[PDB]
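Structural view - FG-2216 in its complex with Prolyl 3,4-dihydroxylase TPA1.
FYI, the numbering just counts along the sequence from 1. So how was this one determined? The header says X-ray crystallography, 1.9 Å. Each ligand, and each atom within it, is numbered from 1 in the order the structure gives. Worth knowing before you read on, the calculation uses all heavy atoms, side chains too, and leaves out hydrogens, waters and symmetry mates.
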Amino acid sequence: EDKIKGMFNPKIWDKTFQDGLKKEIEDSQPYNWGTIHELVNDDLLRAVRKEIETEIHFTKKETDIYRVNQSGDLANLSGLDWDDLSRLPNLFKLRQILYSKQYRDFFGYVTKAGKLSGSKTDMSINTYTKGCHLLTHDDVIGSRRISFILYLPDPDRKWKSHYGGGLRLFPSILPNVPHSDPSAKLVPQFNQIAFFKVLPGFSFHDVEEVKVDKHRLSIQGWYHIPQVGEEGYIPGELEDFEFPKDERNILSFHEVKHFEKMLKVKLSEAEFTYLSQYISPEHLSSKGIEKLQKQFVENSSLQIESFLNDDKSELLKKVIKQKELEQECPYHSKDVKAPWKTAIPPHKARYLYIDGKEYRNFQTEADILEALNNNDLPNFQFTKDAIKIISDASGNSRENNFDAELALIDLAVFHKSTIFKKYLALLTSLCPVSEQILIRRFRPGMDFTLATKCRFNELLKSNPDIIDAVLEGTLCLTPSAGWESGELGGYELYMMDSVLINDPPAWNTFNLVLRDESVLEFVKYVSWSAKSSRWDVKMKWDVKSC
Ligand SMILES: O=C(O)CNC(=O)c1nc(Cl)c2ccccc2c1O
Ligand SMILES: [Mn+2]
């Protein structure tokens, strides 16, 4: 058609504009990308927005990595059928011009992408409303070659930075290892397009949570590698960088023999006394133990309420609330200080944790390689010792004290005790043979994990006595309200590869799950709107049957 070029801003046909844009994309950071303002005929795009509002039904969908209002799921009668746009003539026209030979020649030229398919049209229409988000990903799927997003928020009002919903780009520490924190954030406006060549290991981006009751509407899509022969196209013409590691340390022979001897309520008065320092009387009585045992036999899981006793519940709630209220939480990995670490990389997870290992702050490749050449083991008492020194020098003020960290480490030490593992073996009739304990904090608007399976200990795979499962515990210490609906996120989700557990954050609960090879788990992204972080203690053990 003669009219296709005239449906765009005439600047994109100007050689001088094209060459300048090609150079800007070439020299962009943190990987090659670009943006064009006022792309399309304003009346056309306005007409498209009206059609969308009028004709398209959006359906909220939530997974580990996103919450979005989609229109594309053809498992909904509601699902948008791109083969039938009878009532969206202007949308039909928009797709036609974006995949035109004319536009593709311009666009492939400035992005240095090579040939682009005109027939492989690939678009979807979505809105992000309050709490909606999409976490870090690189778009690498199939024949996708260039990613684009055309923004259609209200054309007569400015989208503002504090609304959220920014497009964020993440720089590379090394290939397939994006930095945890983004280095650029685009605030989208009507008739702006953002785009980038899809680059395995590099083109990491996300959609910042929408923080207000506004509708962030977009059309997002891809240009693909052409079909074979299309316009003459001829084909052909990392676990190491994850922290913390999903690894456990084997227990001493002293411990393991204790558990065996017991399994072949046999705890002593002194052991019950020790347990009663932390655990509520309810769960140490003969009746309570029997109930928990029966529950674990039937479900291969426990969900305990009011796990810790009142003394320790009161202490931990106090110091955690004080820290929430009176201290400045770091919101960039560079600002995080001992004893905390940031989980990396961000296309897998982001949260703060205490593991008892020497301090690490991963800003460069050198930082990571140094850790990989010098593996060290957890030691929580040394971590405590280190905190005291830091703490004395500064002065232990309301603003800088480590009261929460010290109380939490004391709790970790309890769960590390031989006697606690004996109680665990009693509840489960399983013998722990390894352990990993982590204290975790999931900050509002930053932190999450994605759905993953347990990681078997490879060295133990051939041991017949060791169960093909990982026993996993979670002690939640989240003192704030408003979580019950799941709307603020932070819920612990266990599901089969159908949901086994879906528990929003709560105060003083203990979940215990025997995971076989296929069970998936994650902690959902915590909304910016949450009233505190999710705080918990995570425990994992290899087990043998005795
Ligand atoms: O909207 C934006 O600024 C960035 N959006 C995305 O990167 C994005 N990426 C993918 Cl892979 C999908 C995929 C499906 C639906 C929406 C998506 C999306 O908004
Ligand atoms: Mn994307």
Review point. Which components of the model belong to FG-2216?
Key: ligand 1
**Study point:** Sub-4.0 Å atoms of FG-2216 with respect to non-hydrogen atoms of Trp222
**Key:** 11 (Cl)
Check your understanding: For FG-2216, which atoms have a heavy atom of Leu134 less than 4.0 angstrom away?
Key -> 6 (C), 8 (C), 9 (N), 17 (C), 18 (C), 19 (O)
Practice item. For atom 11 (Cl) of FG-2216, grab the closest protein heavy atom and report residue, atom and distance to one decimal in Å. Key: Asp139 OD1, 3.1 Å
Check your understanding: Which UniProt Fe cation binders of chain A are under 4.0 Å from FG-2216 in heavy-atom terms?
Key -> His137, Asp139, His205
Exercise for review: Identify the protein heavy atom lying closest to atom 4 (C) of FG-2216, giving its residue, its atom name and the separation to 0.1 Å.
Suggested key: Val207 CG2, 3.3 Å
**Study point:** FG-2216 contact by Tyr151, heavy-atom criterion under 4.0 angstrom
**Key:** yes
Point to revise | Check: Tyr128 N/O within less than 3.5 Å of FG-2216 N/O | key: yes
Check your understanding: In the entry's source annotation, what organism is given for chain A?
Key -> Saccharomyces cerevisiae
Point to revise | UniProt 2-oxoglutarate site of chain A, residues within 4.0 Å of FG-2216 by heavy atom | key: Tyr151, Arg216
Review point. To which residue and atom does the entry give FG-2216 a covalent bond, if any?
Key: none
Exercise for review: List the closest protein heavy-atom neighbour of atom 13 (C) of FG-2216: residue, atom name, distance to the nearest 0.1 Å.
Suggested key: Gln220 NE2, 3.8 Å
Point to revise | Other ligands and ions under 4.0 Å from FG-2216 | key: ligand 2 (manganese (II) ion)
Practice item. Tell me which protein heavy atom sits closest to atom 9 (N) of FG-2216, plus the residue, atom name and distance to 0.1 Å. Key: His137 NE2, 3.1 Å
Review point. For FG-2216, which atoms, with element, lie under 4.0 Å from some heavy atom of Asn126?
Key: 15 (C), 16 (C)
Exercise for review: Determine, using UniProt annotations, which domain of chain A has most residues touching FG-2216.
Suggested key: Fe2OG dioxygenase
Practice item. Heavy-atom contacts with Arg216 under 4.0 Å: which atoms of FG-2216 show up? List them by number with element. Key: 1 (O), 2 (C), 3 (O)
Review point. At a 4.0 Å threshold, what atoms of FG-2216 neighbour a non-hydrogen atom of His205?
Key: 7 (O)
Check your understanding: Relative to the heavy atoms of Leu167, which atoms of FG-2216 are at a distance of less than 4.0 Å?
Key -> 3 (O), 4 (C)
Review point. What makes up the binding site of FG-2216 if contacts are defined by heavy atoms under 4.0 Å?
Key: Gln70, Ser124, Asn126, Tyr128, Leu134, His137, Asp139, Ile149, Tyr151, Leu167, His205, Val207, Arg216, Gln220, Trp222
Does FG-2216 have any N/O atom under 3.5 Å from a protein N/O, and what are those pairs and their distances?
| from | atom 1 | to | atom 2 | distance (Å) |
| --- | --- | --- | --- | --- |
| FG-2216 | 1 (O) | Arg216 | NH1 | 2.7 |
| FG-2216 | 3 (O) | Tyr151 | OH | 2.6 |
| FG-2216 | 3 (O) | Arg216 | NH2 | 2.8 |
| FG-2216 | 7 (O) | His137 | NE2 | 3.4 |
| FG-2216 | 7 (O) | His205 | NE2 | 2.9 |
| FG-2216 | 9 (N) | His137 | NE2 | 3.1 |
| FG-2216 | 19 (O) | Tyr128 | OH | 2.8 |

